[PDB]
Chemist: 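Here's what I've got: 3BNC117, bound to HIV-1 Envelope Glycoprotein BG505 SOSIP.664 gp120.
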Amino acid sequence: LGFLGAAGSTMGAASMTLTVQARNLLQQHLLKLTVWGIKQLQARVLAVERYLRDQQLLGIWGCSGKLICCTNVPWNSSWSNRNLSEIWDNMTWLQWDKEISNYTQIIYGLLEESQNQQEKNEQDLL
Amino acid sequence: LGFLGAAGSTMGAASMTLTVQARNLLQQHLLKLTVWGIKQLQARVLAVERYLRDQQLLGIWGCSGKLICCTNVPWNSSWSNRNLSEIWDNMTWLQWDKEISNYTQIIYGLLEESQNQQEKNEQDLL
Amino acid sequence: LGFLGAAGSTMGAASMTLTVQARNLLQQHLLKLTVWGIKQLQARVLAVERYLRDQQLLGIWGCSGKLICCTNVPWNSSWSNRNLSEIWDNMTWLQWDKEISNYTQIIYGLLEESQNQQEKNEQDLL
Amino acid sequence: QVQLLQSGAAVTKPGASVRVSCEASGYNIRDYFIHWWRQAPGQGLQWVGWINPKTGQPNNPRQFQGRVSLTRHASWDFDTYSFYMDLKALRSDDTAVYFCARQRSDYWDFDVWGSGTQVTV
Amino acid sequence: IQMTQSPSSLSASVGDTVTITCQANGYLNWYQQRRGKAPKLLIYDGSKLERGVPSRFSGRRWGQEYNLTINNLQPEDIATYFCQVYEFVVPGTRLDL
Amino acid sequence: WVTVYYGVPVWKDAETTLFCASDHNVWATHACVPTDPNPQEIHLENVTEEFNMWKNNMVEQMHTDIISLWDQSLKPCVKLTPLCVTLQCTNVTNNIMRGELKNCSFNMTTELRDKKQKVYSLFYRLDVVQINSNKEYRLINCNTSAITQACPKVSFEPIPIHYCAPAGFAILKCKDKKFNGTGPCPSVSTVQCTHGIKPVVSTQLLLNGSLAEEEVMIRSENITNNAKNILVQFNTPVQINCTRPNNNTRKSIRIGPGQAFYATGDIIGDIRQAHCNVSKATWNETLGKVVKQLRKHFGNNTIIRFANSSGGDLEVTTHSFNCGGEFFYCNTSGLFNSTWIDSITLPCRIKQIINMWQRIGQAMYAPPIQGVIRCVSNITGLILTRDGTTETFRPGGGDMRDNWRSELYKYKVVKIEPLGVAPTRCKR
Ligand SMILES: *[C@@H]1O[C@H](CO)[C@@H](O[C@@H]2O[C@H](CO)[C@@H](O[C@@H]3O[C@H](CO)[C@@H](O)[C@H](O[C@H]4O[C@H](CO)[C@@H](O)[C@H](O)[C@@H]4O)[C@@H]3O)[C@H](O)[C@H]2NC(C)=O)[C@H](O)[C@H]1NC(C)=O
Ligand SMILES: *[C@@H]1O[C@H](CO)[C@@H](O[C@@H]2O[C@H](CO)[C@@H](O[C@@H]3O[C@H](CO)[C@@H](O)[C@H](O)[C@H]3NC(C)=O)[C@H](O)[C@H]2NC(C)=O)[C@H](O)[C@H]1NC(C)=O
Ligand SMILES: *[C@@H]1O[C@H](CO)[C@@H](O[C@@H]2O[C@H](CO)[C@@H](O)[C@H](O)[C@H]2NC(C)=O)[C@H](O)[C@H]1NC(C)=O
Ligand SMILES: *[C@@H]1O[C@H](CO)[C@@H](O[C@@H]2O[C@H](CO)[C@@H](O)[C@H](O)[C@H]2NC(C)=O)[C@H](O)[C@H]1NC(C)=O
Ligand SMILES: *[C@@H]1O[C@H](CO)[C@@H](O[C@@H]2O[C@H](CO)[C@@H](O)[C@H](O)[C@H]2NC(C)=O)[C@H](O)[C@H]1NC(C)=O
Ligand SMILES: *[C@@H]1O[C@H](CO)[C@@H](O)[C@H](O)[C@H]1NC(C)=O
Ligand SMILES: *[C@@H]1O[C@H](CO)[C@@H](O)[C@H](O)[C@H]1NC(C)=O
Ligand SMILES: *[C@@H]1O[C@H](CO)[C@@H](O)[C@H](O)[C@H]1NC(C)=O
Ligand SMILES: *[C@@H]1O[C@H](CO)[C@@H](O)[C@H](O)[C@H]1NC(C)=O
Ligand SMILES: *[C@@H]1O[C@H](CO)[C@@H](O)[C@H](O)[C@H]1NC(C)=O
Ligand SMILES: *[C@@H]1O[C@H](CO)[C@@H](O)[C@H](O)[C@H]1NC(C)=O
Ligand SMILES: *[C@@H]1O[C@H](CO)[C@@H](O)[C@H](O)[C@H]1NC(C)=O
Ligand SMILES: *[C@@H]1O[C@H](CO)[C@@H](O)[C@H](O)[C@H]1NC(C)=O
Ligand SMILES: *[C@@H]1O[C@H](CO)[C@@H](O)[C@H](O)[C@H]1NC(C)=O
Ligand SMILES: *[C@@H]1O[C@H](CO)[C@@H](O)[C@H](O)[C@H]1NC(C)=O
Ligand SMILES: *[C@@H]1O[C@H](CO)[C@@H](O)[C@H](O)[C@H]1NC(C)=O
Ligand SMILES: *[C@@H]1O[C@H](CO)[C@@H](O)[C@H](O)[C@H]1NC(C)=O
């Protein structure tokens, strides 16, 4: 299964195909300042910026270079009250992104703050 | 405290707010090749380049994805002879950058060389 | 020895100078949309894209932020049947890249797939 | 398509001058030298010389030095390119068919030639 | 640059493999002059072929020698065949059939 | 058992957009990045690299850059579309051929569209063709192109330009003194930018160039193909001194609202032919070294004759160049004169209507320069052409890519591939 091939597969099965998705997130060598050269340059810069934004978030959460990364943040129940079985055996990732849409932002905040805490702790342990 | 809010706070207290600074280091989708589109594109590319330069230095020092990262380089006394108490309880980071200005470059060299040493050692331990 | 100084040195000796190569992989602040400003912008974006491609491959192999990184992939003998002594004491890196040219691509595939495996295993161990 | 239309057969006398035209069309005439050759009656081909279409620089062997003159003339936007071959000290030896061909790479491949022009003295 | 091409006259029959030896030390080309129609390029360089030329014509390099192996010789091959290295052209062999 | 290395010294042949670096100019040198005051050159040891100066992409890229800079410098300047009209031309006041200057009068448009002015100008004979009434003329370019006056303030002086590759790429300078031009070159080095390559446009002679260190050097793509020019490089320069002895004052004629046309007025002094001188005792024995190095390729028993240009356009029958802002075309028939078993005054003719880069539709009018122009240049090479017991070597040129192959022959862009995968006895 190629790019996005596991879109309709269950959430657990798509976790074995994260690499084939993370890979595609990023004369001809001259820019030419034409209708198409401008579009190509915009495409290249947009791809770079999106990839760096995602990797920046992963880096500040401590999940840098990790396709799957556990974190110390507990799951506050108010985000969603559903047991793991149907999440990881029935549903697809798109449906899950539909449900967790609104809460996502504050979740990110929690994650990064926790990372900073642990960093200081390690500097206190050494 | 938002972006750069701990600028006048002491050096120790600003270490708990590294995340709120590292975050901001990075129709509308078309470039338009105008007075303002050129400026926007220059802004985007400059932001990307600066972020990548900083992350590259961190990566080659072995401090990749680390907001605080100890290193094996000893503190050569000639850089600055001041005990940690006033550094971490009285002064701010800007004053410290004022004092360590000239030496910084050679410090960077030491750090990266040390990282390379340890890398080889690990490949000798496995 | 500066940039690429160990090009003719043996493969083992050039491994102590990986940092001096990884470093150089990446009014004046205005773009100017001239013959030379276009070339400068193309240069900057090309440098950024090449650096990010290399770092992306390293990240998905689990070798992120590692100048030397062992991996769980076994060396399939059909790629090249040569003992380590002449590889690491006689030859240079350019000759080695000459020999391993064709096989390289599938090697990359193996590496990244292995990384994904180990990731899941760690999430099963925690 | 690529075409090198030559002029009709001309008759002259020993001492007079003859002009051979090679109106070229159907391609970028600039990137490809134009060579002139000479087929004597019942003999092999003989190299008269090449003309650069860009600069107009001619190149002839020692036999035709001070004798042959290769010239060109481009119309507006270089679309048509008339290549002329002039001879001055004409003799009975120089009764032959003058072909114009297009060198098309470093190998001197003359994939296209002219119809031919029978100069009889 | 020095060239030689032998033989000068060569008669063959239909459906025959016929080779024209031609030794040179430069980038060689083969032509087909039909006695009053200007030459036509068949084989450029030693072995490469031209568009519009069937596979009946083919070339082979061996050290310095070139062949122009015309297998399945048809009636439409009654022409004169000559070599060319840059500016030097030798008289062609007159294929009789 | 696989081990990944980042930072490996490996490179692959590649092509990229090289930018410029440098220390009112046509080639926009102000826009260039400030070059390193002390360039860092890293001598690579033990490494042999296969170069090819005749398939160098740097040369084609530089040709494109020079043409683009010439176009952009001409973009904001005056358009002399009105100047294409019938001109009543007499001879300049002189006793004396010397029809080389024509005093031409014409009805030019004024600032007001409903008025006209009777003005005059001295035009070189090469810049005017006769129509029909025997005194009626027109500019040479009216029936083939539109003419754009070069801005009087932008200079044509070649300022050195350092071609730097982007990060992640490198340039490989071949330091081998005896470089035939292609093939393997030992003693390679890495550079961040090329040396200062002056963009000097010329034909039949490379001026203000870099010299060979060991011997005169003969470089041709094929020494058997006549169509290939023979680039000759001199180990010692031959100094060439020009003078345009005419004073040639200028005069502004307002051809429209806010548009001026700088035309030659009266000459203050004597009407003298322009020229450039080359020392005879140096140019001889320079041709001596050249014939030695040519007999190396052509055998010892050949007779290496040097004849003058066979024909063609003015740009390639003569040593064309830009000196002091004026465009000279020197005969150089006395230079290329010997069989080879006190100064050499080469008379030169100036033109003002210049069609650079072999184009049509983009002619330009170089404004007249006031004062007296002088060259002091250094002939560091030739662009010869062999004639297809004896071998004749006439001059050549016209294609400016051969003028910059003589500079960008050492260099070779490569792409640094830092990733490597090696077997070692280690596991994760
Ligand atoms: C090969 O290189 C040599 C130099 O190594 C070069 O000769 C130089 O030509 C320049 C042309 O600009 C000369 O500089 C001029 O010299 C006189 C005397 O000072 C002035 O008239 C000039 O200044 C006026 O004009 C400039 C525009 O040309 C304006 O920018 C300026 O504001 C003034 O109005 C100018 O300085 C220089 O003196 C010589 N060098 C010598 C004699 O040593 C030669 O042209 C090069 N050859 C080729 C073919 O490129
Ligand atoms: C290379 O050198 C040649 C001499 O070795 C030059 O040939 C000279 O060219 C002159 C100009 O074309 C000729 O003058 C012309 O002669 C003809 C024939 O007599 C007259 O009709 C013309 O009126 C006359 N030109 C003028 C302006 O009066 C010389 O006769 C001729 N010399 C010889 C010995 O043939 C080449 O011109 C020269 N080429 C270049 C490109 O510089
Ligand atoms: C110059 O042209 C000659 C003749 O075409 C080329 O000759 C080749 O030389 C090499 C080296 O000796 C031989 O291996 C080839 O077989 C020759 N080719 C042929 C077709 O005979 C020569 O390479 C050319 N020189 C260049 C490009 O530098
Ligand atoms: C070019 O010709 C013009 C006339 O078209 C000359 O200008 C005239 O010069 C004479 C003699 O000095 C004056 O009496 C006239 O009044 C001038 N007429 C004008 C300016 O319209 C001019 O001198 C000539 N220039 C040269 C030979 O350089
Ligand atoms: C370049 O100079 C040569 C001489 O060095 C010119 O040839 C002379 O032409 C004149 C007529 O213009 C003859 O009277 C001389 O006899 C010629 N001299 C020789 C030695 O042949 C030549 O015309 C000049 N080039 C151009 C293009 O004019
Ligand atoms: C979802 O798609 C997979 C293949 O990607 C398929 O095997 C599976 O049967 C599908 N799920 C359902 C419930 O049909
Ligand atoms: C520095 O600013 C902090 C708030 O950022 C404030 O609480 C503190 O009192 C200030 N320090 C001093 C010495 O006044
Ligand atoms: C390779 O170059 C190194 C310096 O980089 C030098 O010490 C060594 O002798 C060279 N190797 C050989 C086999 O000469
Ligand atoms: C332009 O004018 C010249 C001089 O009269 C003439 O020879 C030429 O044929 C004309 N056309 C072009 C395209 O130059
Ligand atoms: C003007 O110059 C021509 C050459 O262009 C010359 O033949 C003629 O004699 C000159 N006329 C006068 C009056 O000086
Ligand atoms: C300029 O205009 C006048 C109008 O009387 C005319 O006589 C004269 O010939 C014109 N000159 C030119 C060069 O056309
Ligand atoms: C230099 O290049 C030429 C190109 O034809 C080649 O034949 C020759 O062998 C080379 N010479 C040396 C000394 O490397
Ligand atoms: C040129 O003429 C001016 C006056 O127009 C004069 O001052 C100057 O000296 C002259 N230049 C020389 C002789 O070089
Ligand atoms: C070139 O000009 C300079 C000017 O000072 C002079 O000294 C030198 O001798 C000249 N060289 C030649 C070859 O005329
Ligand atoms: C140049 O030097 C050679 C060799 O000494 C000599 O024979 C010749 O007469 C000199 N002059 C010319 C014009 O070649
Ligand atoms: C060219 O050479 C001839 C001898 O072959 C000589 O008489 C003539 O004057 C020379 N021409 C020059 C230096 O212009
Ligand atoms: C050649 O001429 C320039 C001035 O035009 C001078 O600076 C340079 O040093 C000369 N070259 C040599 C090798 O003497």
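By convention in this document, chain letters (A, B, ...) are assigned in the order of the sequence lines, proteins followed by strands, and residues within each chain are numbered from 1. As a textbook-style caveat: the illustration shows part of the entry, and contacts are counted within that part alone.
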Chemist: Hey, where's 3BNC117 in this structure? All the copies, please.
Modeler: chains D and E
Chemist: Which other chains lie near 3BNC117, in the sense of having some heavy atom under 4.5 Å away?
Modeler: F
Chemist: What residues from chain F sit under 4.5 Å from 3BNC117, measured between heavy atoms?
Modeler: F/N143, F/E221, F/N222, F/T224, F/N225, F/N226, F/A227, F/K228, F/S310, F/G311, F/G312, F/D313, F/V316, F/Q358, F/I360, F/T385, F/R386, F/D387, F/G388, F/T389, F/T390, F/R394, F/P395, F/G396, F/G397, F/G398, F/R401
Chemist: Which residues make up the paratope of 3BNC117 facing chain F, with heavy atoms closer than 4.5 Å?
Modeler: D/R30, D/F33, D/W47, D/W50, D/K54, D/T55, D/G56, D/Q57, D/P58, D/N59, D/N60, D/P61, D/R62, D/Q65, D/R72, D/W76, D/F78, D/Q103, D/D106, D/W108, E/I1, E/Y27, E/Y86, E/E87
Chemist: What source organism does the PDB entry list for chain F?
Modeler: Human immunodeficiency virus 1
